[PDB]
Trainee: 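My questions all concern the structure below.
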Amino acid sequence: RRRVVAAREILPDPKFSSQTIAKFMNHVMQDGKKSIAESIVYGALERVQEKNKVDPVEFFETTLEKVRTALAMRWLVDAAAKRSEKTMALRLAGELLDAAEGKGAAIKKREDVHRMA
Amino acid sequence: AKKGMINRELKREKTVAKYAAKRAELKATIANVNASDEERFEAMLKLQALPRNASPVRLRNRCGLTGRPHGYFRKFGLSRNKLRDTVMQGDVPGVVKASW
Amino acid sequence: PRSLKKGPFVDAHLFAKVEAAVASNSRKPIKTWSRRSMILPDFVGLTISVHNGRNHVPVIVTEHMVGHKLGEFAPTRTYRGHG
Amino acid sequence: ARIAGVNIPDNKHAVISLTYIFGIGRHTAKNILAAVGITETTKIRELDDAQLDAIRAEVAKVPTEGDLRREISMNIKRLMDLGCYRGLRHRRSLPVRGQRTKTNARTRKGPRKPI
Amino acid sequence: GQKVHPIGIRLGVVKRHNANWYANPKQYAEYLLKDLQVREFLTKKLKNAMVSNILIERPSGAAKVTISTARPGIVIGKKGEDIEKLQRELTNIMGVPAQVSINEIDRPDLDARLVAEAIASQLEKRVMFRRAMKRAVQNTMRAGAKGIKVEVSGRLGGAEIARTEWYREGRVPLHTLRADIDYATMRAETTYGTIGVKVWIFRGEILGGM
Amino acid sequence: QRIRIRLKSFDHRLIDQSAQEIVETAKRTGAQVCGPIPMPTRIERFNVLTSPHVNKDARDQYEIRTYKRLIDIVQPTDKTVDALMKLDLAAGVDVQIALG
Amino acid sequence: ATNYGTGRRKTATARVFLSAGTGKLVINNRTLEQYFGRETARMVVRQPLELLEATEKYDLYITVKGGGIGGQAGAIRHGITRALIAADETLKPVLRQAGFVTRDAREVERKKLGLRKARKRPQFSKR
RNA sequence: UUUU
RNA sequence: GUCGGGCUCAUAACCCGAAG
RNA sequence: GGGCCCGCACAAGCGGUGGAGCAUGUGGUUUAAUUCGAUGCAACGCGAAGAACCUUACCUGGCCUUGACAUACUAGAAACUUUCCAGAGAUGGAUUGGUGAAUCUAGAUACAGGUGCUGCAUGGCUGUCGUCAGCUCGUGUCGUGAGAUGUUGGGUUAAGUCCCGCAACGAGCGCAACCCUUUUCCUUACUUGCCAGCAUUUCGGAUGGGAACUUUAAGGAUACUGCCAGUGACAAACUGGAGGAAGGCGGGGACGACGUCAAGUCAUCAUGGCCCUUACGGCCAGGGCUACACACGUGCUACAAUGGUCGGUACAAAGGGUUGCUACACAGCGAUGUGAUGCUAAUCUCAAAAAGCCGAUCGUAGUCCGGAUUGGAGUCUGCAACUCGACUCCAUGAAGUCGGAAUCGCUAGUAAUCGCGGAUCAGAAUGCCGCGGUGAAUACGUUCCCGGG
Ligand SMILES: C[NH+](C)c1cc(NC(=O)CNC(C)(C)C)c(O)c2c1C[C@H]1C[C@H]3[C@H]([NH+](C)C)C(O)=C(C(N)=O)C(=O)[C@@]3(O)C(O)=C1C2=O
Ligand SMILES: [Mg+2]
Ligand SMILES: [Mg+2]
Ligand SMILES: [Mg+2]
Ligand SMILES: [Mg+2]
Ligand SMILES: [Mg+2]
Ligand SMILES: [Mg+2]
Ligand SMILES: [Mg+2]
Ligand SMILES: [Mg+2]
Ligand SMILES: [Mg+2]
Ligand SMILES: [Mg+2]
Ligand SMILES: [Mg+2]
Ligand SMILES: [Mg+2]
Ligand SMILES: [Mg+2]
Ligand SMILES: [Mg+2]
Ligand SMILES: [Mg+2]
Ligand SMILES: [Mg+2]
Ligand SMILES: [Mg+2]
Ligand SMILES: [Mg+2]
Ligand SMILES: [Mg+2]
Ligand SMILES: [Mg+2]
Ligand SMILES: [Mg+2]
Ligand SMILES: [Mg+2]
Ligand SMILES: [Mg+2]
Ligand SMILES: [Mg+2]
């Protein structure tokens, strides 16, 4: 507060036990509807895995690096929204693939920040 | 309140006490299904022929000490103010300050 | 509205006056304080000086005015304009 | 395609395109496409003109654009002329069912006005 | 300011109620009001007596009132004409055959009720309120209680602006719920208006709940 | 024959003392008792505005709790129920007895 | 060969009966997927036994009343590890370092007198 | 930055 | 410039919006 | 006026309000009257835990005088009970059963009576600073004395909380604890509640039974730097980690010091005083508080797909119920109606939880979004729903495509969201108070903003 406080830990997601993707599905989550979030993000991962075969816990982590933590998640989740192609599980999965292939939608969305350097 | 109000409510509920069984049997006669309908019109007309102050719908509940009509409690028969000051001096059974 | 199984509502005083002035075909209007009695086909032609809080406004019970209460025909709030 | 004098949407379900006719909502369109026998899922684009005329006969048993609008404005006219409470309220563009007026009447009363 | 009433907060904690009955959830108010008039009348019938407490019991549909007073004489006098007719006078107000017993209050100086009684009986005697309060705290601390506050408020003896004065000698723990604290308030009806007497007396904590 | 005694009170220090006062009472001249089961308690709460005039937030929140207890006397003797009604029940506790 | 566990999380109770047998589950006379459509509730229902990597050496007959989806999932997992370390006490260290042993205390906080929602207070207004 |  | 809002315990300024 | 410190005070985040429709309170205006109170924080869903009549205090007319009700005095009659009419009603008339205390009537004198004024004459109660940490006393020391010290300084802490310093040493009221609740375990209690193990299973603890378990409600145990490491001044304290269900104040609630604001309230009540007494008192019926060019506050609902609709299937707690809730059956599209049933209740009922999950559907639009608004036809309460109720069905389908300056709440089972309940109450909750379901993000830091010691 005025003096000092710590941070809070979150229980790693029950599918892969990776804390980062759990923190990520805690970002699409809104109004306590964790089920919607879990369905959305697991669907995004199961879509990015079968095409572009990569271990998905390894995958999201090898793709967020070109986005930078929490700020990258916000940029993703909103850049994942302004697509209106199909269900949200799809415009997160296509956005993860766009970030992997080095697009401008999220891979170079923060480039305007590196442009400012 | 002004004593006219307490006398007015003693008045109204005294009436309701007077014409009670009459209003009850009339209300019963109306909802009858095995009765003639000339009667089911006579009963209506006679019921609404009563004093306005006959039907307890017109009453209002008031404090057992002051007579204050807002803030009433049917569990106690008093309004709010004298209720507070009686619960605190230890005059009521069961009531304490609540917390959970 | 009132429940159709309870029938329409009419007061006893006004209705006694209406039944006594139909047998006379009186032309004097009926001065009432009801405002709540429903307009019957009995009433057509007659004119009721019905209250409006301050005054009595006589309204002539016309044909399309059935199914209304008396008071519906006397605006109780005075409003002309603001400015 | 052309039912009761309106061009209902074509490439859409039948129960939902039947409601563009002023006088039909979901209940009445469901009643129509039940009494004729065409399921609501069927898109209008796939309708042979053997059923359009039956459903035309159906809407013809319904008060629709012209006559409905007419008798609507005619009842309000009876009210306006009968000089009763609600006719008065209709003359002034105020809420007539008994809604508050100190504020919160900008749909009957229009938008806000300055001094 | 804005303090809770002393007895009201230690009611389920360490104090007992001045009414001990049971009443079904639709016949409760009948009994309560039958009780309130009885208290209201007894507090005048025994006003120049020295009552400090009225306890009304309704055992199994009966009536038994116990008044804890200092002088059982003034409420009895000649034995055989008041307490057996006072039960007649109460039965008319409770509506149930009533009984009235006597609680001879030893140490007639531990009652905030009676300290307030004497203090206001002096105030309406047109006495100097400072000597009154302080004489009363002398009277009460000596008698064995371990703390006393006396509070007195409002147009004291007839000035035009109100003021409040208190005297605190000893120990009075109010935030301590296990503290046996007697508290009583009264109104001295002077010809100048109303003076409010409040009296807190302490005697030592309660150890053991109930 | 069964004797279901149900106790009610606004206080529990009274109901429990009366129950364990009567249970021993019977067990002295008999047997076949199933003890005072505790049945869930009713707790009704109140809010009382405390000021005379206008302070919506300032409220004393009160409670009142009615506690109920069960007591079974399965097959008591003929020298038991006599000593059962031959026992003075305090105030603040109500006892209702039903033969099954 | 019969061991019992009582697991409370929010308002749930989750009476768990664990026995040595096959890997089979019945949640209030209903199968694991017949009961929790949220297959993450099943994921944490299968947190403790799978952490011990057994998942086949015990049958579980469970009965839970109270709470919701997540409350009952956490309650069942709780009761399961209680039954578990009541069987093989030496297990408690491992189930301690992942958090499956601790009765989660957080209950819903009560509403307040004057407050919207128990810490939500009315929108403050000046002038 | 004006007023107590 | 005015009118409505914002700003202050209270004022203009200032900010906004609108009509003109 | 400085200095320090603190606190969703700012910061970071999350969500709102200001935009739009409506609900509600206020200002204004209006008006016969729109009754009065409450005006920064600390008035503005406020007194009011519920204005159709009643409440009701206001207006319009219509009526009354020892007065609707207290006692003090005089006379004839038991309280009473019917029945009708004039009347908008009050109000009056006219009739039947009954034959020293009472209960009306009649009269006169004091008197009653006012929600009339003054909260700036008062009490009694409340807000507020603010759960902010302070407020003192005794001795002993300093100051001719009032006074000071203590109670200051370094730290620390939620804290005049604790330690170390120190002419101070102690003590009290405040703080904390004692109180209630919630988390784990134990003893008792075993029905109405429970079903582990047996069997009977009409598949329903149902029914024998069992007293295990959940629960239920009484009596207790646990937690305290206790243990180890570290920083620290032979210190407090703080950082751990071990154990532990819980770790450091585990979580919440009640309790609100001395005082301030001539803060609020003569419309709860009481009271000194002033005013009225064919009315400023009492009683009626209709209106009104429900008005509407407008201005503000606080909310409810949405603008969409993390969604709408339709079908299938789960899982709460806490409350209420005899003038009441009503299993079930029959009728209706429904609100509901009729019969019918158990229940004074861990027994019967409200009662369906919703969001959730599964399947289809719509494909980014003023739309299958959103429901305002209006027309039409009803149901129930009620003596009556015009003014001025709630609900139900059909049609009707505005605004609104994330909102300016600005601004509010929040640090964890919380914000966010999803529904349930009650009090008041014949009927009338988006308000109040509660209940549970799902369930985040962030806190670098004290330079500033705001309140305080
Ligand atoms: C000085 N004047 C104006 C005054 C006079 C009286 N009393 C009288 O009229 C006379 N009293 C008699 C009957 C003669 C004994 C007064 O009674 C008052 C006041 C002042 C007001 C001021 C109020 C003020 N306003 C702006 C709300 C205010 O804010 C406060 C405050 N912040 O504390 C007040 O004190 C105030 O509300 C108030 O109480 C006043 C009076 O009491
Ligand atoms: Mg009065
Ligand atoms: Mg009423
Ligand atoms: Mg249409
Ligand atoms: Mg304390
Ligand atoms: Mg709770
Ligand atoms: Mg509020
Ligand atoms: Mg504001
Ligand atoms: Mg911030
Ligand atoms: Mg004032
Ligand atoms: Mg006279
Ligand atoms: Mg004052
Ligand atoms: Mg005062
Ligand atoms: Mg300090
Ligand atoms: Mg201290
Ligand atoms: Mg003042
Ligand atoms: Mg006065
Ligand atoms: Mg006044
Ligand atoms: Mg009236
Ligand atoms: Mg109002
Ligand atoms: Mg829709
Ligand atoms: Mg538009
Ligand atoms: Mg906090
Ligand atoms: Mg909640
Ligand atoms: Mg400051």
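Per chain, numbering begins at 1; letters A, B, ... match sequence-line order. How was it done? The header gives electron microscopy, 3.0 Å. Just follow the structure's listing: the first ligand is 1, and inside any ligand the first atom is 1. Any value given below was found using the heavy atoms of this structure, including those in side chains, with hydrogens, waters and symmetry copies removed.
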Trainee: Which macromolecule in this structure makes the most heavy-atom contacts with ligand 1, going by the name the PDB entry uses?
Mentor: 16S ribosomal RNA
Trainee: Specify the drug or drug candidate modeled at ligand 1.
Mentor: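 PDB records call it tigecycline.
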Trainee: What other chains contribute a heavy atom less than 4.0 Å from an atom of tigecycline (ligand 1)?
Mentor: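 Other chains, by heavy atom: J.
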Trainee: Could you help me figure out which residues touch tigecycline (ligand 1) at a heavy-atom cut-off of 4.0 Å?
Mentor: J/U118, J/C120, J/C261, J/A262, J/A263, J/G264
Trainee: What other ligands and ions have an atom less than 4.0 Å from tigecycline (ligand 1)?
Mentor: ligand 16 (magnesium ion)
